[PDB]
Chemist: 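I came across a structure with ibuzatrelvir (bound form) and want to understand it better.
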2 protein chains.
Amino acid sequence: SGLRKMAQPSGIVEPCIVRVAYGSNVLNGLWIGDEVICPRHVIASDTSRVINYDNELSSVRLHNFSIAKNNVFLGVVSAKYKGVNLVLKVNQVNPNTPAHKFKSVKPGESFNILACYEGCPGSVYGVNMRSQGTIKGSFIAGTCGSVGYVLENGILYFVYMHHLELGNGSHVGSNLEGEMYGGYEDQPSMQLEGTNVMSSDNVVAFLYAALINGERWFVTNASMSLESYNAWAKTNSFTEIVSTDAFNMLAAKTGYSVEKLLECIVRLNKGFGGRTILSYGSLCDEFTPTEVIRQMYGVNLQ
Amino acid sequence: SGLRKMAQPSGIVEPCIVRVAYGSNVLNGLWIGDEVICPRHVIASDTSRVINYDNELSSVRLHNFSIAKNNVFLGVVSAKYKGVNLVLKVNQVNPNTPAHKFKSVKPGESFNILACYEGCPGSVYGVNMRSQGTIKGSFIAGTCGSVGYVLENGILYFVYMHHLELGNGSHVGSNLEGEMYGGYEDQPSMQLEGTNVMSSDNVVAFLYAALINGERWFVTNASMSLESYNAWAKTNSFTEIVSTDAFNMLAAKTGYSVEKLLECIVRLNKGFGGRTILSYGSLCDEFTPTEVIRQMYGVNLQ
Ligand SMILES: *C(=N)[C@H](C[C@@H]1CCNC1=O)NC(=O)[C@@H]1C[C@@H](C(F)(F)F)CN1C(=O)[C@@H](NC(=O)OC)C(C)(C)C
Ligand SMILES: *C(=N)[C@H](C[C@@H]1CCNC1=O)NC(=O)[C@@H]1C[C@@H](C(F)(F)F)CN1C(=O)[C@@H](NC(=O)OC)C(C)(C)C
């Protein structure tokens with residue numbers, strides 16, 4: 001029993017983290033093959049005013065880079081922008097490059113953050129991509145370049161590189177192609193996050209987890225069609241459910257239909273009445289159906 | 001900005017996990033050197049009735065063990081009890097044995113759980129040892145033998161191996177010397193957990209983190225001495241603060257004294273009144289002062 005936000009093991013990613021320093025800036029880079037990827041703003045001369053990245057790459061001095069992993073320093077051969085990321089060809093192939101692919105995470109999907117501090121892997125935790133392309137993590141100075149990843153059907157996927165934090169505390173990053181999530185820009189300009197839309201798929205899985213544990217106070221006999229629930233969701237800042245097929249095992253083992261839980265959401269969306277579901281005071285959308293299944297009946301851990 | 005329960009990177013521990021099966025029981029073992037450690041109840045024939053471990057070790061058939069790591073199967077040479085743990089001498093040294101030590105965590109101290117499912121490392125997350133020697137994690141069938149660890153001053157410490165779950169959902173394990181935390185017995189008896197005592201040191205760190213992030217609704221002009229709070233905490237299931245010299249840094253740069261936060265605890269212990277601190281609905285004692293400092297000003301990462 002028990003539900004906890006988790007991260008997939010990080011051992012495969014740790015050997016790819018390097019310290020990247022340029023001028024007075026220090027952050028992290030991803031060393032895979034003969035290439036080091038890091039946020040391009042590390043070569044910006046002043047991150048307090050608008051940045052002319054064209055005029056930063058053209059004045060860059062390759063010898064002024066300092067890339068290191070445990071007293072092993074790499075020389076930069078060439079530098080180019082891949083989106084908002086610098087792609088640095090280095091003079092040494094990473095001997096510990098794992099088999100890997102690249103992909104982007106979508107709203108509601110969970111992935112792992114390897115929080116790195118000035119080149120030192122420090123912690124690992126699970127996160128969830130929000131509707132506006134942001135995550136609510138724990139990033140501070142020197143953690144840019146921290147990598148996000150997911151393991152699926154035994155394949156490492158690099159899906160996130162940290163770039164900045166918005167004024168409201170939300171954390172913005174990019175994919176490994178340099179496309180910033182949510183369309184945000186790596187500039188010190190005032191940028192706003194829209195209304196957050198809660199993942200209905202994850203809230204259903206969250207309620208399934210409570211039932212599996214033994215918490216049943218919020219359930220009744222009432223049900224609601226995915227069509228009636230989707231109509232409400234479009235006006236209550238909730239996503240629309242595309243299928244119940246992802247909840248087949250949960251429904252089979254609990255004996256509760258997705259529609260019965262769709263009704264619990266609209267009813268519980270008005271207030272838990274001082275009550276609690278798995279120690280949470282309101283609806284939680286941080287656990288995906290896969291995350292719940294992995295913890296309750298350790299199946300398909302990747 | 002941001003506070004999230006995190007785990008230290010697990011790459012150093014992952015290569016020590018093996019699948020241990022005996023008869024119909026399947027769980028995890030820690031393969032370090034020429035020895036594999038796992039909960040001794042893996043040789044129990046019936047885990048629904050009292051177990052005579054003396055008569056189980058005497059009837060044990062070493063060849064009935066199945067220990068494997070990928071395509072590497074290990075042969076058991078000898079077996080002995082170290083407390084509640086089975087110590088199995090094997091015919092092969094783990095080539096990836098890391099430098100390590102063993103120690104026990106104390107109440108209020110945090111550590112990392114590498115959740116393994118029948119020999120497959122599946123996830124990693126942080127936990128906090130409670131006063132009664134239990135943790136509130138997420139363990140299910142087949143996760144016994146999952147190991148807890150901490151990285152301190154560049155030293156890997158093995159500090160936990162999971163054994164069982166109590167009727168109230170609390171999770172029980174032992175250190176690697178075989179001493180069950182909290183004094184529980186590795187028997188299917190209906191054992192009881194006493195009143196949980198909140199770690200005052202960790203709740204203070206939690207409030208410091210909230211202030212650093214930007215929350216202040218809970219702040220008043222009042223403060224409370226450490227003698228007055230300690231007297232209040234002997235009767236409200238909170239630990240006694242022995243010294244404020246663990247928060248000098250947090251108090252110095254937040255501009256709030258421990259005494260102010262001690263008053264916030266006594267008042268907030270009666271309910272947040274619908275409000276939330278860092279998204280929590282009640283006082284949280286799961287973050288140690290060190291954990292907070294690590295996330296707010298990345299220092300002492302190990
Ligand atoms: C990378 N190490 C930091 C991470 C940042 C520090 C505090 N909280 C965090 O997560 N990233 C940055 O410093 C970027 C780099 C600059 C720019 F994005 F290229 F312009 C500015 N950065 C910011 O994060 C700023 N945020 C912002 O620009 O909002 C538009 C702040 C938060 C002011 C550092
Ligand atoms: C190991 N894989 C499991 C983990 C267990 C499964 C469900 N929740 C968990 O954490 N551990 C066990 O099955 C032990 C082994 C037996 C014994 F401890 F040796 F007696 C029984 N176990 C239990 O966990 C039981 N709990 C218990 O004994 O209370 C003291 C339950 C969960 C009732 C099987």
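A note on names: the letters A, B, ... follow the listed sequences, proteins ahead of strands, and every chain is numbered from 1. Header entry for method reads X-ray crystallography, 2.3 Å. Ligands are counted one by one from 1 in listed order, and the atoms in each one are counted from 1 as well.
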Chemist: If you rank chains by contacts with ibuzatrelvir (bound form, ligand 1), which one has the most, by name in the PDB entry?
Modeler: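 It has the most contacts with Peptidase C30.
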Chemist: Give, by letter, every other chain that has a heavy atom closer than 4.0 Å to ibuzatrelvir (bound form, ligand 1).
Modeler: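 Going by non-hydrogen atoms, A.
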Chemist: Quick one: does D186(A) get an N or O within less than 3.5 Å of an N or O on ibuzatrelvir (bound form, ligand 1)?
Modeler: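 No; the residue has no nitrogen or oxygen that sits under 3.5 Å from a nitrogen or oxygen of the ligand.
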Chemist: Is any covalent bond from ibuzatrelvir (bound form, ligand 1) to a polymer chain modeled here, and which residue and atom does it involve?
Modeler: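 Covalent attachment: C144(A) SG.
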Chemist: At under 4.0 Å between heavy atoms, which part of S189(A) makes contact with ibuzatrelvir (bound form, ligand 1): side chain, backbone, both or neither?
Modeler: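 The answer is the backbone.
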Chemist: So, regarding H162(A) and ibuzatrelvir (bound form, ligand 1) (criterion: nitrogen or oxygen to nitrogen or oxygen, under 3.5 Å), is there a contact or not?
Modeler: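 Yes: some nitrogen or oxygen of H162(A) is under 3.5 Å from one in ibuzatrelvir (bound form, ligand 1).
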Chemist: If you measure every N/O of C144(A) against every N/O of ibuzatrelvir (bound form, ligand 1), is any gap under 3.5 Å?
Modeler: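 Indeed, backbone or side chain, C144(A) has an N or O that close.
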Chemist: Any idea what organism chain A is from, going by the entry?
Modeler: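 The entry gives Feline coronavirus UU23.
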Chemist: Measure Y53(A) to ibuzatrelvir (bound form, ligand 1) on non-hydrogen atoms and call it side chain, backbone, both or neither using the 4.0 Å cut-off.
Modeler: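 The part of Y53(A) near ibuzatrelvir (bound form, ligand 1) is the side chain, not the backbone.
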Chemist: Could you tell me whether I140(A) approaches ibuzatrelvir (bound form, ligand 1) through its side chain, its backbone, both or neither, with non-hydrogen atoms closer than 4.0 Å?
Modeler: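 The answer is the backbone.
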Chemist: Please report whether ibuzatrelvir (bound form, ligand 1) has a polar contact with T47(A), defined as an N or O pair separated by less than 3.5 Å (distance criterion only).
Modeler: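 Not met; the criterion fails.
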Chemist: Below 4.0 Å, non-hydrogen atoms only: which portion of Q187(A) touches ibuzatrelvir (bound form, ligand 1)? Side chain, backbone, both or neither.
Modeler: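 For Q187(A), the contact with ibuzatrelvir (bound form, ligand 1) is made by the backbone alone.
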Chemist: State which residues lie within 4.0 Å of ibuzatrelvir (bound form, ligand 1), judged on heavy atoms.
Modeler: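 Heavy atoms within 4.0 Å: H41(A), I51(A), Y53(A), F139(A), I140(A), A141(A), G142(A), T143(A), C144(A), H162(A), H163(A), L164(A), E165(A), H171(A), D186(A), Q187(A), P188(A), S189(A), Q191(A).
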